[PDB]
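Section: structure with golvatinib.
Start at 1 with the first residue, then count along the sequence. All ligand and atom numbering here is 1-based and tracks the order in the structure.
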Amino acid sequence: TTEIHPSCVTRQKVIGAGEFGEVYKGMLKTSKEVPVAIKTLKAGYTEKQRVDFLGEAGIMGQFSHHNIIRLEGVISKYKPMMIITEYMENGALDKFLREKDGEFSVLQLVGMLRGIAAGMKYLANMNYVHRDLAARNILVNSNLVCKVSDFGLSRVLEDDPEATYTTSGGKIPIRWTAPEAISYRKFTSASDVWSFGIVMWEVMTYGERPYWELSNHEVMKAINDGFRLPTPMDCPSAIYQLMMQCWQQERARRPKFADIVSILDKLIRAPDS
Ligand SMILES: CN1CCN(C2CCN(C(=O)Nc3cc(Oc4ccc(NC(=O)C5(C(=O)Nc6ccc(F)cc6)CC5)c(F)c4)ccn3)CC2)CC1
C-alpha cells in the first residue's frame with residue numbers, strides 16, 4: 001500500500017459511522033484533486049485491530065481492475081488512521097436498486113451483472129476467494145459501473161474482549177453461501193459463483209432480500225430439499241437459467257466466472273434474451 005501524506009487529503013462529508021469508525025467523502029491530491037472515500041479506524045483500538053485494519057488495505061491494494069474498488073492509499077503513521085479508496089457516487093448496489101425500483105432496462109441490469117462478474121473473474125484469476133459476495137458489497141459509480149468490494153460487514157467485533165468463545169474467521173452470510181461452504185467451510189471460487197447467482201437474483205428483483213420470508217434455518221432446509229429462488233417478474237429466461245446453473249449442488253458443475261462473463265457478453269450483444 002501507498003502511504004498518503006495527510007496534507008493531500010481533505011475530509012468533506014460523513015457518509016456513515018459505526019463502532020468500527022467512520023466513512024467520509026473527501027478529496028485527494030495526487031499531483032486536479034479526485035473524490036475519494038475515506039474509512040477511518042475508530043479510537044481507540046487494539047493492535048490486532050490496527051494490524052487487521054491495515055492488513056485489509058494491503059489485501060485490497062493487491063488488485064487493479066476496472067470492476068474492483070481501487071485503493072488510493074493509507075494513512076498509518078498519523079491519527080486517525082485512514083483507508084482511502086475510489087469514490088462511488090451511487091453507493092451500495094442493493095440500496096441503489098431499491099431506490100431505482102423498476103427504472104432500468106433489462107440490458108442495463110445485465111450490464112451490471114457483467115461488471116460484477118468481470119471483477120470476480122479477476123479475483124478468481126488471482127486465487128482470491130471473496131466469501132461475502134452480495135449486492136451490499138457491490139458499489140456503483142455515477143456511470144452505473146459496478147465494482148466488487150469488501151468493507152468487512154462480516155468481520156465486525158461483537159465479541160466481548162473477555163469471552164471464552166469468540167467468532168474466528170468471520171461470520172457467514174447464510175443466504176448467500178454455497179451449501180458446501182456452510183457445511184464444510186469449503187470456500188472456493190466455485191462457492192463464490194453460487195453467491196453470484198444470489199446477486200443475480202438481487203439485481204433482477206431490484207434488491208429483494210433473498211428468502212426473505214424464511215429464518216436462517218428455514219433457508220438451509222429449503223435449499224437442501226431442493227428449493228431455489230423463484231424466477232423474478234420480467235427476468236428473461238436465459239438470465240434465470242444462468243442463475244440456476246450457479247446454484248448447482250455439485251460445485252464442479254457451476255460455471256466459472258470467465259464463462260459467466262462470456263455468456264453475459266453474448267446476451268448483451270444479441271437480445272433476445
Ligand atoms: C443515492 N445517493 C445516496 C446518498 N449518497 C451516498 C451513498 C453512499 N455512498 C457511498 O457509500 N460511497 C462510497 C463509500 C465507500 O466506503 C467504503 C470504504 C472502504 C471500503 N472497503 C474497504 O475498506 C476494504 C475492501 O473493500 N477490501 C476489499 C476490496 C475488494 C476485494 F475484492 C476484497 C477486499 C477492506 C479494505 C468499501 F468497500 C467502501 C467507498 C466508495 N464509495 C456514495 C454517496 C449519494 C447517492
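Within 4.5 Å of golvatinib, most heavy-atom pairs belong to the chain that the PDB entry identifies as Ephrin type-A receptor 2. In chain A, UniProt ATP-binding residues less than 4.0 Å from golvatinib by heavy-atom distance: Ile15, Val23, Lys39. For atom 33 (C) of golvatinib, the nearest protein heavy atom lies closer than 4.0 Å. At a heavy-atom cutoff of 4.0 Å, golvatinib is contacted by no atom of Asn137, backbone or side chain.
On a distance-only criterion, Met88 and golvatinib share at least one N/O pair closer than 3.5 Å.
Atom 10 (C) of golvatinib is flagged as protein-proximal [any protein heavy atom, distance under 4.0 Å]. Heavy-atom proximity to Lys39, at under 4.0 Å, picks out these atoms of golvatinib: 19 (C), 22 (C), 23 (O), 35 (C). UniProt assigns most of the residues of chain A contacting golvatinib to the domain Protein kinase. Looking from atom 7 (C) of golvatinib to the surrounding protein, the closest heavy atom is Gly91 CA, 4.2 Å. UniProt active site of chain A, nearest residue to golvatinib and heavy-atom distance to 1 Å: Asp132, 9 Å.
The protein heavy-atom contact nearest to atom 17 (C) of golvatinib is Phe151 CD1, 4.1 Å. In this structure, the protein non-hydrogen atom closest to atom 27 (N) of golvatinib is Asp150 O, 3.4 Å. Residue-level proximity to golvatinib for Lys95 is absent, since no heavy atom of it falls below 4.0 angstrom. Residue, atom and distance of the protein heavy atom nearest to atom 1 (C) of golvatinib are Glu99 OE1, 3.2 Å. Neither the backbone nor the side chain of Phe96 comes within 4.0 Å of golvatinib, counting heavy atoms alone. Residue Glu89 touches golvatinib through its backbone alone, judged by heavy-atom distances below 4.0 Å. Binding site of golvatinib at 4.0 Å, heavy atoms: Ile15, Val23, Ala37, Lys39, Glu56, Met60, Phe63, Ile68, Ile69, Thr85, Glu86, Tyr87, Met88, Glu89, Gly91, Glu99, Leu123, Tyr128, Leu139, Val148, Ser149, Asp150, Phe151.
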